[PDB]
Participant: 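Complex under discussion: eplerenone bound to Mineralocorticoid receptor.
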Amino acid sequence: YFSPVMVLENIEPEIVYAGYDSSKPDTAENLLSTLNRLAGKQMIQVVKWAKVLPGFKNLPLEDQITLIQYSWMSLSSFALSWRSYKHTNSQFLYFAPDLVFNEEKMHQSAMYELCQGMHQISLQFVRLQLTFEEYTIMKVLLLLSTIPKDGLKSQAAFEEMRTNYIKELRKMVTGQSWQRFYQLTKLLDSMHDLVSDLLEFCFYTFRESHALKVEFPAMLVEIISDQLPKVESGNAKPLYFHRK
Ligand SMILES: COC(=O)[C@@H]1CC2=CC(=O)CC[C@]2(C)[C@@]23O[C@@H]2C[C@@]2(C)[C@@H](CC[C@@]24CCC(=O)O4)[C@H]13
């Protein structure tokens, strides 16, 4: 099918600034609009990364779009946990160098509980001493973790790619290694529940954005308008390593 982990380490997207205006009041609307703007900028980086991801090009365009749209909150939250771990030892939420959340910002954002939920994942990175090589493979697995309930256009092509990256994770964890592999698959599975709550809040603010004064960039409007009716109608199928 394929040293893909070496390629993953090298294609990691660069630093994305939030463009946070600290001279503006820290209302929920101002913080959430900055977070949405940062998400749009990161989503362009996700598309550029995916294009050069080994095996991703073999999937038809429709499937590439489906995977990117279904997984955007997963990839985004996992990278946030990584940045938080690497740059603050998971003491804060490192959204961007110019936007680091402390307790004050967690409360002001009107997402305190969702923020604490995120902080728990970054705290697991500390507990496990997650490595950069493990992180990069796991991020690919999150891109491939949610599919249509009736499957993709080229389901066989997708399963081959996913299976091959799971094999890369197993080779990477290796004096006993099975223990580590299951610790990593348990972490990946726990992302689906967190992502459900994050999407619930995102969908809510999207449905009445002006009413709440929350701004969405064009990129997020497009993704969310497509994703929201699919997720809410049960057309999304989260893939679990270990059925709950
Ligand atoms: C703790 O929340 C988050 O951090 C997640 C993950 C994430 C990490 C990043 O590093 C980029 C930003 C995103 C995508 C995100 O902050 C934006 C704003 C999102 C889309 C939010 C879930 C709900 C919200 C709030 C307001 C809205 O409309 O939806 C995301």
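Counting begins at 1 with the first residue of the sequence. In listed order, ligands and their atoms are each counted from 1. Values below: all heavy atoms of this structure, side chains included; hydrogens, waters and symmetry mates excluded.
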Participant: Side chain, backbone, both or neither: which applies to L80 and eplerenone if a contact is any heavy-atom pair less than 4.0 Å apart?
Facilitator: side chain
Participant: How far is atom 8 (C) of eplerenone from the closest protein heavy atom, and which atom is that?
Facilitator: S76 O, 3.6 Å
Participant: For atom 28 (O) of eplerenone, which of the options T205, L75, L212 provides the nearest non-hydrogen atom?
Facilitator: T205
Participant: Could you tell me which residues in chain A that UniProt says bind 21-hydroxyprogesterone have heavy atoms under 4.0 Å from eplerenone?
Facilitator: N36, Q42, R83, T205
Participant: Return the closest protein heavy atom for atom 3 (C) of eplerenone as residue, atom name and distance.
Facilitator: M118 CE, 3.7 Å
Participant: Tell me the protein heavy atom at minimum distance from atom 11 (C) of eplerenone, and give that distance in Å.
Facilitator: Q42 OE1, 3.1 Å
Participant: Which is closest to atom 5 (C) of eplerenone by heavy-atom distance: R37, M73, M43, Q116?
Facilitator: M73
Participant: Under 4.0 Å from a heavy atom of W72: which atoms of eplerenone are those, numbered in the order shown and with their elements?
Facilitator: 14 (C), 20 (C)
Participant: UniProt domain of chain A with the most residues touching eplerenone?
Facilitator: NR LBD
Participant: Would you say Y204 touches eplerenone, if touching means a heavy atom closer than 4.0 Å?
Facilitator: no
Participant: Which UniProt progesterone-site residues in chain A are within 4.0 Å of eplerenone on a heavy-atom basis?
Facilitator: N36, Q42, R83, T205
Participant: Give the residue and atom name of whichever protein heavy atom lies nearest to atom 26 (C) of eplerenone, and the separation in Å to one decimal.
Facilitator: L32 CD2, 3.7 Å
Participant: Which other-chain residues or nucleotides lie under 4.0 Å from eplerenone, by heavy-atom distance only?
Facilitator: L32, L35, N36, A39, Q42, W72, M73, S76, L80, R83, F95, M111, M118, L198, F201, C202, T205, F216
